[PDB]
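Below is Capsid protein VP1 with WIN 54954 bound.
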Amino acid sequence: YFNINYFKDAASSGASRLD
Amino acid sequence: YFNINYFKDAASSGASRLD
Amino acid sequence: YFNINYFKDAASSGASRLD
Amino acid sequence: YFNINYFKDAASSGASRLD
Amino acid sequence: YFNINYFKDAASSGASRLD
Amino acid sequence: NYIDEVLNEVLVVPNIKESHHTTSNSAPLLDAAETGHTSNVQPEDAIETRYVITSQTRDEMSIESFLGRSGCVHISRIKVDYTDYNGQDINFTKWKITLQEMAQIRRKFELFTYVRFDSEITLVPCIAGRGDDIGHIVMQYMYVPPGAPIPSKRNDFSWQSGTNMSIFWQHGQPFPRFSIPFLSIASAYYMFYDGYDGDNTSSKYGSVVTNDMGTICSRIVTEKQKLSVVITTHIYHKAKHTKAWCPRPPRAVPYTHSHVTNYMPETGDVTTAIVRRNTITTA
Amino acid sequence: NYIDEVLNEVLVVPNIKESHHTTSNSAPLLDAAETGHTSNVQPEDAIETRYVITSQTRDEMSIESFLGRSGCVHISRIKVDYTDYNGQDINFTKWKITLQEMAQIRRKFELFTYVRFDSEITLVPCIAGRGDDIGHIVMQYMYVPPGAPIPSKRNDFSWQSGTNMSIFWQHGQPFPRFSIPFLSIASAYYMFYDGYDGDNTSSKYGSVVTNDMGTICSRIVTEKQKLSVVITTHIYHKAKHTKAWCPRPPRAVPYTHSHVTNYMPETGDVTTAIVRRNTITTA
Amino acid sequence: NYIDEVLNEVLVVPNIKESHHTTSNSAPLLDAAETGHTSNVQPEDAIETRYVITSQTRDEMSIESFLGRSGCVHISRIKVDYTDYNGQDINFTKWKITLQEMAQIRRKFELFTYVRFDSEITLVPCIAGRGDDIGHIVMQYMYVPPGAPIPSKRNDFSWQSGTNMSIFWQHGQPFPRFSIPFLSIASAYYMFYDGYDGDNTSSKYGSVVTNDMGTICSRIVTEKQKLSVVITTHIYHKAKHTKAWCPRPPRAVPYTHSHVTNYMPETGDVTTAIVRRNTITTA
Amino acid sequence: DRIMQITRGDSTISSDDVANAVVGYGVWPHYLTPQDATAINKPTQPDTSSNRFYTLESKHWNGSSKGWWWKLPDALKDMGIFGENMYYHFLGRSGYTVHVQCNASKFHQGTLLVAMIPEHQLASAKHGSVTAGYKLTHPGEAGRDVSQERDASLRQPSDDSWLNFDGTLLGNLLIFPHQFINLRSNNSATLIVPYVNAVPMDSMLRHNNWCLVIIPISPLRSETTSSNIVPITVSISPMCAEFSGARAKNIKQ
Amino acid sequence: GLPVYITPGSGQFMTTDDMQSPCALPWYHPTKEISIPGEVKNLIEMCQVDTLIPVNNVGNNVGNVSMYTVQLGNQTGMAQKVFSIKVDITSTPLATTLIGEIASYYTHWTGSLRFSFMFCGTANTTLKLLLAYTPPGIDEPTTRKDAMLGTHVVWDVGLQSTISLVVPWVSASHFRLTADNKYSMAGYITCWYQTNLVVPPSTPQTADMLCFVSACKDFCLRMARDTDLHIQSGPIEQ
Amino acid sequence: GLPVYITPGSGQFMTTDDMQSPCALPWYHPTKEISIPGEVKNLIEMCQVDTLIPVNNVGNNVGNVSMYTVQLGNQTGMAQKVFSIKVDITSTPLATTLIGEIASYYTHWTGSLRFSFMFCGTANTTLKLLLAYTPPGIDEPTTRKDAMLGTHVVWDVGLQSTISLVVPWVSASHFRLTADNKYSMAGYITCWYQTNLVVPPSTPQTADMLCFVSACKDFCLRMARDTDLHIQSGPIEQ
Amino acid sequence: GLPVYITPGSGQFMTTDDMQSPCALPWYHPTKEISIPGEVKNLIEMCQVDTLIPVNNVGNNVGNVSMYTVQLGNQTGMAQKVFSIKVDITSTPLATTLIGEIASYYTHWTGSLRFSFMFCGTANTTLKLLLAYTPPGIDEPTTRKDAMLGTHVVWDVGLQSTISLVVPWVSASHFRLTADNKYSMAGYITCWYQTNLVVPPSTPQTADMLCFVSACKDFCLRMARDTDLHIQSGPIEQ
Ligand SMILES: Cc1cc(CCCCCOc2c(Cl)cc(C3=NCCO3)cc2Cl)on1
Ligand SMILES: Cc1cc(CCCCCOc2c(Cl)cc(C3=NCCO3)cc2Cl)on1
Ligand SMILES: Cc1cc(CCCCCOc2c(Cl)cc(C3=NCCO3)cc2Cl)on1
């Protein structure tokens with residue numbers, strides 16, 4: 001389960017990723 | 001996540017879009 | 001979102017349709 | 001909506017079927 | 001229903017499997 | 001479908017075309033209403049109309065949006081007692097299954113002879129505190145079809161519901177709701193009837209010989225509390241997946257009693273909505 | 001499947017064909033019931049029937065809709081004490097695993113010799129306020145199979161459930177529910193039995209030598225409170241995924257005690273549902 | 001997989017084949033157990049067996065269903081004070097990270113030398129009302145690894161958890177739960193150890209030189225209330241995704257203290273579960 | 001045709017008149033399968049020498065008769081071989097054939113209801129939680145009731161018929177495998193019955209799986225000399241008997 | 001599990017919502033639905049059937065039937081006037097009508113409307129009335145000329161018997177309110193003599209005309225609301 | 001996460017709902033299910049097996065067995081009547097019957113029904129009864145002629161012995177109520193002598209007939225409800 | 001959002017449930033898992049290893065080691081008996097055994113079992129015991145003949161030294177209870193002299209035999225529960 005930005009804005013999202 | 005108008009009527013929906 | 005008769009019986013369902 | 005045995009064990013499930 | 005590790009980390013997950 | 005259904009444009013009305021003048025023989029404006037039929041004349045016929053593309057749906061004018069709306073049909077009340085708990089016919093309600101026990105909505109159906117539907121059903125308990133603390137007042141609603149043991153009093157053996165339906169609601173957790181199949185031995189619910197129980201010149205006659213469909217014996221499970229209360233569990237009802245046959249003239253006289261038509265008020269002259277005019281000449 | 005299952009048209013009954021008269025030899029209406037078998041005669045045989053396409057399902061006439069319904073089988077009670085907390089055999093309940101401890105539903109099964117099922121199980125705690133404020137009364141239910149340390153009293157060491165099941169419910173959060181595998185060393189649950197413990201002319205004989213399956217030792221975790229209470233946690237039970245073997249005649253005599261058949265009332269003559277008639281001639 | 005996993009038929013046991021008689025040389029029933037190995041003899045070997053197709057799974061006999069069960073390992077307690085709030089070492093709990101502080105489950109592991117796992121973890125706060133109203137008692141649990149500022153008292157600066165974990169639970173909202181990676185600098189958790197701190201004839205020796213993994217400093221955030229309380233937040237623990245190495249003989253002597261083996265009771269003779277017989281001749 | 005012939009051991013039974021035969025739950029009795037099994041030893045299966053046609057003690061059919069029962073695993077606790085193998089083994093499993101003979105003349109009138117019953121937990125005659133005694137649900141060839149008298153000190157069952165002895169209106173009893181003996185058509189009654197029990201092989205001593213009942217419904221009525229006695233004789237045949245869990249030997253009681 | 005956020009509206013109850021509910025009585029197969037002559041599917045249908053109009057909306061008449069007839073009289077004068085009513089379909093005399101009774105269940109109405117009149121006169125009798133629709137804007141006309149100026153229909157009584165007058169839809173707002181509103185004023189309709197009522201010998205000289213109103217395919221309603229025309233100043237007993 | 005709305009019914013509890021529940025005792029592999037002769041799957045089955053009828057529903061008889069037999073007598077008169085019972089399958093004497101006992105678990109019943117009678121007479125004995133089903137509409141018939149007029153079956157006692165009488169389904173409402181209801185009145189069935197009971201010499205002159213009732217493939221029930229025929233005016237002890 | 005219904009069980013807590021939980025300590029990469037000789041995966045394994053049996057379950061002996069040896073004696077008489085224990089694997093002397101200790105963690109047990117005996121005698125010494133398994137049904141046998149009648153194994157002491165006796169599975173119920181239960185009584189096992197213990201000159205005349213019990217591949221348990229064999233009538237300090 002993931003990438004389901006339930007919210008529109010980007011500022012709202014999980015902790016980013018890593019690379 | 002989106003376009004899941006959980007409700008029937010159109011009056012009920014998120015803030016429209018932009019174009 | 002629709003036609004997800006979460007319940008078994010038919011008596012339980014949304015307001016019917018129109019045709 | 002169905003056959004989503006949210007739980008592992010079989011003892012936990014809806015009322016069986018008919019056949 | 002399964003393999004939906006709603007959480008990121010692995011330490012968080014159901015009881016493992018069997019094999 | 002979507003758009004048409006989301007935009008609510010399913011049942012659309014025709015538009016008003018354009019007309020020109022007519023110095024012609026056939027007079028559409030003339031028909032003989034005695035045929036019992038209804039005229040078919042339109043704007044375009046009578047006048048020199050223009051051209052209006054319409055956009056009004058007759059969606060909300062469907063027996064389902066006309067009927068499919070929740071309405072108070074009963075207000076179960078329990079003025080608890082702690083003095084005598086149990087006792088015969090106490091602290092538990094029971095009420096005969098019906099609609100005619102309360103207007104506005106009774107009105108509404110009665111617009112048709114026969115009707116059929118799956119019913120929604122919702123319970124709105126409201127706990128009035130007559131004490132300094134209401135505690136945790138659990139509740140048990142259930143349904144007693146015919147012929148079934150209707151609780152004589154509060155803890156019968158019938159509140160075991162080994163094979164009956166009992167919905168439970170505890171203060172906080174939301175309104176109980178559920179739904180129901182169309183319950184009738186008949187293909188449709190009889191809103192009316194011109195039948196009787198029998199030849200007994202003392203038999204019953206009405207909507208009613210055909211509707212003994214239940215009753216509801218109630219219960220506040222929790223046991224004895226300290227500080228009193230009074231519970232008022234409101235019963236709303238919605239018609240989902242409805243059909244209707246043979247429309248009738250609406251009601252204009254305030255009824256009295258259910259399963260009957262009777263209007264004849266207690267003394268007061270029979271009153272109706274019609275207003276009086278001084279003269280027909282001026283409106 | 002859906003339609004058939006949603007429309008509930010899985011098990012449909014045949015229709016009644018059309019008949020004509022019969023001035024013929026073989027008489028289907030004549031059979032000898034002594035064969036112990038059952039007649040096979042129908043409408044169409046006996047009369048000059050018509051033609052009715054049926055539409056009644058025997059869905060609700062399935063051991064699963066006959067059995068699969070929740071029923072009170074026990075009412076755990078705890079009249080708390082604050083005076084002596086803990087102490088031996090207090091403020092914690094324990095109860096022997098069974099059904100025969102309460103009718104209506106006991107009745108229902110007993111309709112069959114053997115039975116098998118996964119059981120639903122639900123707990124309906126109701127907190128009666130005997131004080132001016134009930135606080136936060138947490139709860140611990142759990143299950144004590146054989147042979148296991150059954151709490152002597154309230155805080156044993158057995159309430160650690162290091163390897164047992166304990167469900168926790170705190171005032172507000174909904175009814176605890178859960179389910180369970182079919183627990184028997186046997187391929188089916190013995191509703192009855194014609195066996196004994198042994199040759200000991202003092203051995204046990206019944207449904208019961210074969211059902212020592214538990215018990216339930218209870219607990220109200222929260223510690224000492226100020227204002228008293230009494231808790232009544234109702235135990236409902238539902239049979240899901242059921243099978244049944246060898247039907248039996250229903251019960252007509254009010255029982256007494258469980259794991260036994262015994263009817264013989266205390267003095268009162270044995271009473272049954274049959275009613276008395278003045279005469280066979282008029283019904 | 002499903003079926004096998006849903007039906008729980010993953011680890012199945014072999015069946016018992018059929019045998020015939022043997023008037024032959026090689027005697028399987030004879031082996032020399034001094035080899036330290038274990039015999040390999042079966043039913044089929046010793047008797048004239050039949051044929052039984054088995055159907056018992058050794059699923060529930062897996063280090064994960066043996067271990068993977070929640071167990072009380074600690075009962076944090078806070079007898080609040082309103083007189084002196086804050087003060088040193090008050091109204092906030094702290095407790096050393098471990099298991100051996102409480103039996104039944106301690107028992108269970110100890111069955112193996114080494115162990116490894118991700119731990120579930122659940123908190124079951126229970127608020128006992130010693131007042132006429134408990135208000136809104138918020139709570140803060142958190143974890144203090146080594147070496148970290150452990151709150152001296154109630155509002156340190158460490159309750160800011162700028163980089164620590166603090167779970168918050170407010171009366172009503174459900175039990176706090178969460179999980180955790182396997183925390184050890186070592187490839188596995190040492191249930192035991194035959195090591196010491198050092199050569200210091202005063203060094204530490206046990207499970208313990210290797211397990212300073214934390215502590216938990218607690219807090220009831222809400223500030224000063226009027227009517228007192230006592231909070232008892234129970235700490236349950238479950239082992240998910242477990243592995244075990246080198247089994248050991250279970251424990252038969254009631255321990256005392258943790259991180260030690262010591263049994264030697266205070267005076268009382270060392271007691272064990274073994275029962276005494278009059279004679280070997282009759283059981 | 002009504003005539004019937006049955007051969008079970010070294011024994012055969014005939015009947016020049018009958019009301020079919022009945023197979024309990026439409027299943028024919030047979031030997032246990034390595035699927036449903038559980039035990040591990042090779043069962044001893046006496047064939048013929050065991051599952052043969054044993055006839056019990058006979059009884060009188062009275063105008064005062066009330067009814068009599070026999071419990072099967074038990075009725076042959078003495079019947080040679082079968083009834084020894086019973087006592088020598090822990091596990092026993094077997095199905096039966098019940099031949100109920102009762103003749104009189106075509107000038108007689110009477111009706112007997114015969115029925116077998118899986119797990120026939122009888123009720124005690126006395127109110128309470130005291131269950132019937134062993135020793136009394138273990139009568140033997142002889143059977144029980146008749147319309148007899150006895151100590152009420154004994155944790156004695158219900159001699160009560162109409163309630164089915166279990167307290168179920170007899171008459172619904174027709175649900176159990178059965179048939180009647182209407183002296184005007186019938187002569188016998190033949191029940192055949194497989195092994196019913198939640199376990200593959202039970203204790204032939206502690207547990208009686210099948211229970212058989214014969215109940216006079218319409219009272220015997222002749223106009224003859226009461227010198228004319230019309231017995232009722234029961235004959236039984238273990239079928240597909242299988243035993244196992246060999247050892248010492250229990251004891252008679 | 002699924003990290004969810006409970007939205008504001010959650011747990012509420014609306015007498016107007018489409019949601020599913022566990023059906024108590026699982027496995028129930030309702031009585032089949034036999035065939036029944038005449039089933040409705042839309043209020044509209046009922047709205048298109050002409051129901052009779054109370055117009056003789058006058059005093060003692062009112063509780064009786066007459067309350068439905070309009071007698072066409074003598075008239076010594078000429079070019080005299082018969083009656084008038086206003087179009088606002090929720091206004092006695094209109095209201096009570098199958099239509100009115102209804103419309104009073106919705107907040108807004110629209111489209112054309114149909115008024116039909118019938119001569120319960122005689123056969124040998126004759127007449128010619130002028131009916132008119134005076135759109136919203138001014139006052140119900142005091143005189144015929146003034147009213148003839150707008151929308152109308154001359155009606156020749158004859159072998160036919162029924163003249164149907166259409167009421168076009170004239171409005172600013174695509175839609176009108178069902179509730180009394182100065183703005184959404186639909187106007188007036190009135191009837192006058194064109195000629196007279198002539199009857200040859202020994203025929204009565206007064207006769208009646210019945211009047212009706214059915215809808216037009218124009219027609220349509222919206223915004224359901226609870227009615228006006230019925231106050232249950234009860235309760236209702238048992 | 002998922003913006004969700006908690007619906008009205010949420011958190012409730014229904015003794016009649018299909019929902020899943022965490023199974024305590026994870027990883028448990030239940031005892032296998034061995035084979036067992038005779039397993040049911042539908043009440044119906046039980047309903048199709050004829051159970052005996054208490055009909056001699058009379059006084060002292062009732063607590064005994066006789067309560068099941070009906071002796072066919074003398075009858076000095078001729079064309080006399082035997083008994084009657086009413087069809088409403090939840091009405092003592094019916095009720096208690098495997099069927100009745102059941103039906104009383106559901107609110108509604110339907111289809112045909114089967115009544116069977118058996119002669120526990122003699123061999124040399126003879127008789128001829130007339131059984132009849134008097135549909136709902138009137139009163140249980142006082143006389144044979146009156147009853148013979150409707151549905152019936154003449155029964156010739158002979159080498160056979162069992163006559164089975166069918167009770168067609170006559171009703172207005174596809175379905176009938178199981179509960180006593182004047183409307184859903186199923187009617188009466190009665191039995192009379194066609195000829196007599198003749199017995200040659202030295203044979204008794206009274207004899208019995210047993211009667212039974214099993215269902216028809218017509219049959220079907222619905223709307224489960226808790227029974228009538230059993231009041232646990234207990235409790236139940238230990 | 002998603003019209004949801006919160007089900008009964010919701011919000012509870014079960015010491016036996018499989019559910020996920022936010023992991024505190026995000027981004028933590030645990031110490032690698034090095035290789036370690038001998039890891040278990042199933043209790044079973046432990047159950048198949050023969051652990052020693054306390055059998056000399058007698059008085060003063062008990063708190064010592066002897067409590068494990070069984071000295072084979074003189075025996076003036078002949079055909080005399082050695083010992084007995086009962087099979088119900090949760091019954092001292094059994095219980096405490098790696099197996100027993102365990103089984104007491106589950107509610108039900110099943111399959112065959114293995115008893116092994118070893119001669120700690122001498123080399124020049126000789127003997128022959130008869131061991132027997134007396135299935136459930138009767139009383140532990142008073143005499144050898146009586147016991148020899150059922151399941152047994154004659155054991156010839158010789159160059160080998162270990163005789164292993166199997167305990168077939170005889171039961172009605174596929175499964176037995178681990179808890180003391182008259183029903184689920186597994187039976188008894190006993191040992192007697194077949195011949196004697198003969199020893200040539202200047203060898204002791206009493207010697208011991210050790211006994212053990214390991215499982216069979218038959219074996220299997222279920223329904224986990226908390227143990228019997230350990231009461232923490234503590235607490236536990238610091
Ligand atoms: C006229 C007319 C209209 C109707 C409709 C009848 C619909 C039945 C009422 O439905 C309910 C039922 Cl069956 C049970 C309950 C119930 N509430 C708590 C327990 O049972 C509530 C309702 Cl509204 O009947 N006559
Ligand atoms: C006859 C007959 C019928 C049954 C069925 C027995 C089913 C077992 C009861 O199931 C429960 C269990 Cl195992 C535990 C609990 C429990 N509640 C709180 C803790 O444990 C409740 C039930 Cl209903 O047994 N004999
Ligand atoms: C022996 C032995 C066994 C273990 C296992 C140790 C597992 C660590 C305990 O896990 C917890 C942690 Cl790290 C934190 C909290 C916590 N609760 C509130 C704040 O932190 C609770 C538990 Cl059970 O250690 N020695």
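Order of the sequence lines sets the chain letters (A, B, ...), proteins ahead of strands, with each chain counted from 1. Because only heavy atoms are used, hydrogens play no part in the values below, and waters and symmetry mates are left out as well, while side chains stay in. Indexing begins at 1, ligand by ligand and atom by atom, following the structure's order. Only part shown; contacts counted inside that part. Per deposition record, X-ray crystallography, 3.8 Å.
Taking every copy into account, the model assigns WIN 54954 to ligands 1, 2 and 3. Other chains in heavy-atom contact with WIN 54954 (ligand 1) below 4.0 Å, by letter: F.
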